[PDB]
Trainee: 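I have a structure here, written as structure tokens, and I will follow up with some questions on it.
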Amino acid sequence: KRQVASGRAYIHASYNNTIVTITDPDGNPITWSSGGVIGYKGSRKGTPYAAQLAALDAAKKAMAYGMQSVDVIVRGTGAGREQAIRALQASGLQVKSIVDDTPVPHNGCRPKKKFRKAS
Amino acid sequence: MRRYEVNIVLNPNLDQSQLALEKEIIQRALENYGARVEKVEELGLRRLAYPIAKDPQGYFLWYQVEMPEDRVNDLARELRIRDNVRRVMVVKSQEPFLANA
Amino acid sequence: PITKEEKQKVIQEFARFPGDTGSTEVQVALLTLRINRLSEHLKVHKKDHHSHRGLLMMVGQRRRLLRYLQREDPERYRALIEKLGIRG
Amino acid sequence: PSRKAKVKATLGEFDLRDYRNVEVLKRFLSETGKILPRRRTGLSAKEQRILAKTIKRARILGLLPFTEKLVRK
RNA sequence: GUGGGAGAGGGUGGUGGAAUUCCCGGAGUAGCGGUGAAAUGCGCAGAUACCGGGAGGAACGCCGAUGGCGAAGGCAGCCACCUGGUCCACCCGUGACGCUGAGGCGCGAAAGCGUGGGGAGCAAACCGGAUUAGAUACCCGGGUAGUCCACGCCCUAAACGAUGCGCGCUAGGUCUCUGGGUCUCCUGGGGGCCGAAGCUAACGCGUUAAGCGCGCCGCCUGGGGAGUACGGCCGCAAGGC
Ligand SMILES: NC[C@@H]1O[C@H](O[C@H]2[C@@H](O)[C@H](O[C@@H]3[C@@H](O)[C@H](N)C[C@H](N)[C@H]3O[C@H]3O[C@H](CO)[C@@H](O)[C@H](O)[C@H]3N)O[C@@H]2CO)[C@H](N)[C@@H](O)[C@@H]1O
Ligand SMILES: NC[C@@H]1O[C@H](O[C@H]2[C@@H](O)[C@H](O[C@@H]3[C@@H](O)[C@H](N)C[C@H](N)[C@H]3O[C@H]3O[C@H](CO)[C@@H](O)[C@H](O)[C@H]3N)O[C@@H]2CO)[C@H](N)[C@@H](O)[C@@H]1O
Ligand SMILES: [K+]
Ligand SMILES: [K+]
Ligand SMILES: [Mg+2]
Ligand SMILES: [Mg+2]
Ligand SMILES: [Mg+2]
Ligand SMILES: [Mg+2]
Ligand SMILES: [Mg+2]
Ligand SMILES: [Mg+2]
Ligand SMILES: [Mg+2]
Ligand SMILES: [Mg+2]
Ligand SMILES: [Mg+2]
Ligand SMILES: [Mg+2]
Ligand SMILES: [Mg+2]
Ligand SMILES: [Mg+2]
Ligand SMILES: [Mg+2]
Ligand SMILES: [Mg+2]
Ligand SMILES: [Mg+2]
Ligand SMILES: [Mg+2]
Ligand SMILES: [Mg+2]
Ligand SMILES: [Mg+2]
Ligand SMILES: [Mg+2]
Ligand SMILES: [Mg+2]
Ligand SMILES: [Mg+2]
Ligand SMILES: [Mg+2]
Ligand SMILES: [Mg+2]
Ligand SMILES: [Mg+2]
Ligand SMILES: [Mg+2]
Ligand SMILES: [Mg+2]
Ligand SMILES: [Mg+2]
Ligand SMILES: [Mg+2]
Ligand SMILES: [Mg+2]
Ligand SMILES: [Mg+2]
Ligand SMILES: [Mg+2]
Ligand SMILES: [Mg+2]
């Protein structure tokens with residue numbers, strides 16, 4: 001128990017899953033949720049629907065902390081990124097801003113063969 | 001003897017004494033390496049696009065000098081010795097290139 | 001590198017007559033300047049190959065010019081070599 | 001692509017070689033810290049080539065950013 | 001020679017930020033990861049997701065191009081030093097000093113070798129999960145040499161434009177990089193595209209010839225046997241010629 005009421009919401013979305021971390025404005029996590037936090041186990045975690053349920057679960061557990069308004073930060077390309085966004089907008093948390101923080105190297109590190117033909 | 005521009009970014013948190021000290025040391029190095037100071041622009045505390053040594057701001061100094069080439073690199077190294085010196089960039093001077101002129 | 005005054009100094013040194021820029025003596029003198037400087041550079045920087053090709057080309061040019069001089073006026077050749085201290 | 005307006009066309013006379021001038025150089029970067037392509041900046045090959053080095057110098061001086069966050073997505 | 005220019009040409013030192021991994025701290029909890037679907041794997045000794053700090057290695061996003069530089073291999077953050085080549089203008093100097101080039105000498109991607117450092121990510125071999133009739137493979141989880149630096153070897157290739165080098169001659173059009181000029185246009189050096197004449201078995205080439213010519217070098221002479229055997233030279237070896 002905190003009583004924060006305003007915070008950040010991080011949507012980390014890859015092709016295999018979506019995980020959502022609601023935090024206080026200092027960045028420290030309050031609650032988190034994912035495809036697997038809900039019933040889903042296999043590839044189904046990567047589903048947009050899974051992202052919806054995850055976003056909603058994170059938002060619910062967050063509103064238990066008395067959270068009202070959040071700022072959304074998005075990382076990574078994958079399905080259910082925009083679905084997580086939309087679910088957060090429909091969540092009952094006022095969404096202030098949305099931002100794409102997705103990490104990219106400046107030609108830094110050699111990829112796995114699967115990600116190659118690039119660097 | 002070639003013409004260069006020394007850029008120096010310093011710690012914004014320096015008061016009068018420490019700052020005047022840093023400037024005196026800088027000019028003592030410029031002297032010791034044979035650099036002659038032509039024109040000086042002190043811009044001062046300005047915002048940065050990214051933090052430098054944890055600080056959101058920096059104290060900017062600009063010198064235009066004439067010094068021997070062989071010593072240049074060495075001089076820069078000396079300027080980097082100081083703890084309160086954030087950045088040193090020595091650029092070989094060039095004539096302006098105008099667009100829409 | 002080679003500045004203007006250095007270059008002028010060597011040109012007016014080997015010039016056959018006042019105003020002589022491109023005579024064989026001056027050319028060999030200039031080439032010798034560049035060659036000694038570049039060889040000095042390659043004393044260090046032994047891993048710079050690309051410059052070394054330059055050295056090769058310069059040396060070739062000089063040897064060709066000198067060969068022409070030897071062919072034409074053997075005395076002027078002898079004098080030039082003695083002066084610059086080449087071959088050997 | 002490059003569908004709005006002409007970065008060089010609306011602008012004054014300026015030294016392309018000046019790294020310390022932030023207010024003018026900002027205009028050549030996108031929402032992110034990225035250097036705008038020619039099709040935007042409206043510059044020429046030589047001009048662009050100079051602009052790049054100027055901007056990079058400024059970045060190292062801490063005057064311009066390297067990368068930035070995208071907003072309202 | 002004088003004056004002016006563009007350039008990831010090369011060598012040395014310095015230096016910047018992003019990302020990955022690891023370590024420390026905070027907050028937080030039931031999974032993360034991965035695939036066609038999964039499983040191995042990792043996680044209650046607290047992972048994944050988030051923030052703060054630190055360490056290290058390697059590579060330089062945007063600019064970036066249908067672009068530039070180099071003899072070729074090849075060259076890309078930024079700064080300074082050292083250094084090679086090249087283009088243009090002036091028409092100033094020397095006065096055929098030229099071209100080619102068997103041998104020689106040097107350079108020569110990757111992998112590979114030697115000594116010593118280094119080691120984040122990736123990864124032959126290998127160890128596992130899966131798939132399959134089987135799966136020695138493709139897919140997934142790990143992972144050593146190696147990939148990195150210094151010095152010394154190796155000398156290969158679809159080392160490709162599959163097009164030796166130099167010079168002269170033979171319509172134009174069009175885009176582009178870089179100079180100069182009387183600057184809508186003219187003139188020079190690069191890089192592309194369409195095409196006169198002409199050439200070509202055809203495909204195509206066509207002032208960046210594969211056209212018309214001259215000079216010099218290298219090479220070919222049905223396929224397999226075979227880049228093998230023998231010999232010689234080179235190499236620590238692999239192996240090369
Ligand atoms: N910036 C210096 C450069 O050094 C080069 O070679 C040097 C660099 O490769 C390297 O310098 C340091 C090294 O001392 C130290 N042990 C580790 C450090 N990471 C290295 O620096 C470098 O490492 C590699 C090089 O491939 C890069 O990936 C990395 O970005 C760079 N920082 O080690 C070499 C000897 O100092 C070249 N001489 C030239 O590019 C340039 O001068
Ligand atoms: N070449 C390296 C790069 O050179 C650029 O600048 C280079 C070019 O702008 C400039 O070219 C000049 C040319 O302007 C001038 N009109 C004639 C001169 N011969 C050329 O210089 C050339 O020849 C000389 C030998 O004589 C070499 O030492 C030099 O490397 C080579 N560029 O020479 C400079 C040095 O090579 C970059 N500014 C520099 O940062 C970088 O090192
Ligand atoms: K065709
Ligand atoms: K032997
Ligand atoms: Mg999944
Ligand atoms: Mg690369
Ligand atoms: Mg590449
Ligand atoms: Mg270069
Ligand atoms: Mg921790
Ligand atoms: Mg417990
Ligand atoms: Mg543990
Ligand atoms: Mg380590
Ligand atoms: Mg690109
Ligand atoms: Mg190539
Ligand atoms: Mg004349
Ligand atoms: Mg005469
Ligand atoms: Mg030969
Ligand atoms: Mg090799
Ligand atoms: Mg290698
Ligand atoms: Mg080794
Ligand atoms: Mg791996
Ligand atoms: Mg594998
Ligand atoms: Mg070994
Ligand atoms: Mg070993
Ligand atoms: Mg080596
Ligand atoms: Mg090819
Ligand atoms: Mg070609
Ligand atoms: Mg061609
Ligand atoms: Mg042309
Ligand atoms: Mg042209
Ligand atoms: Mg025809
Ligand atoms: Mg054609
Ligand atoms: Mg043959
Ligand atoms: Mg036969
Ligand atoms: Mg037969
Ligand atoms: Mg063989």
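Proteins come first, then strands; the chains are lettered A, B, ... in the order of their sequence lines, and each starts at number 1. Method on record in the header is X-ray crystallography, 3.1 Å. Only a slice of the deposited entry appears, and the contacts counted are all within that slice. Quick note: numbers below take in every heavy atom, side chains included, and nothing from hydrogens, waters or symmetry partners. Counting starts at 1 for both ligands and their atoms, following the listed order.
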Trainee: Trying to sort this out: of paromomycin, selpercatinib, torcetrapib, which one is at ligand 2?
Mentor: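 Out of the options, paromomycin.
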Trainee: Which chain contacts paromomycin (ligand 2) the most here, in the terms used by the PDB entry?
Mentor: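 The chain with more contacts than any other is 16S rRNA.
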Trainee: Which other polymer chains sit within a heavy-atom distance below 4.0 Å of paromomycin (ligand 2)?
Mentor: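 Other chains under 4.0 Å (heavy atoms): C, E.
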Trainee: State the binding site of paromomycin (ligand 2) (non-hydrogen atoms, cut-off 4.0 Å).
Mentor: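 Counting heavy atoms, it is made of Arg34(C), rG4(E), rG5(E), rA6(E), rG7(E), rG9(E), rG10(E), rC82(E), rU83(E), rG84(E), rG85(E), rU86(E).
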Trainee: Quick one: what name does the PDB give chain C?
Mentor: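 The entry uses the name ribosomal protein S15.
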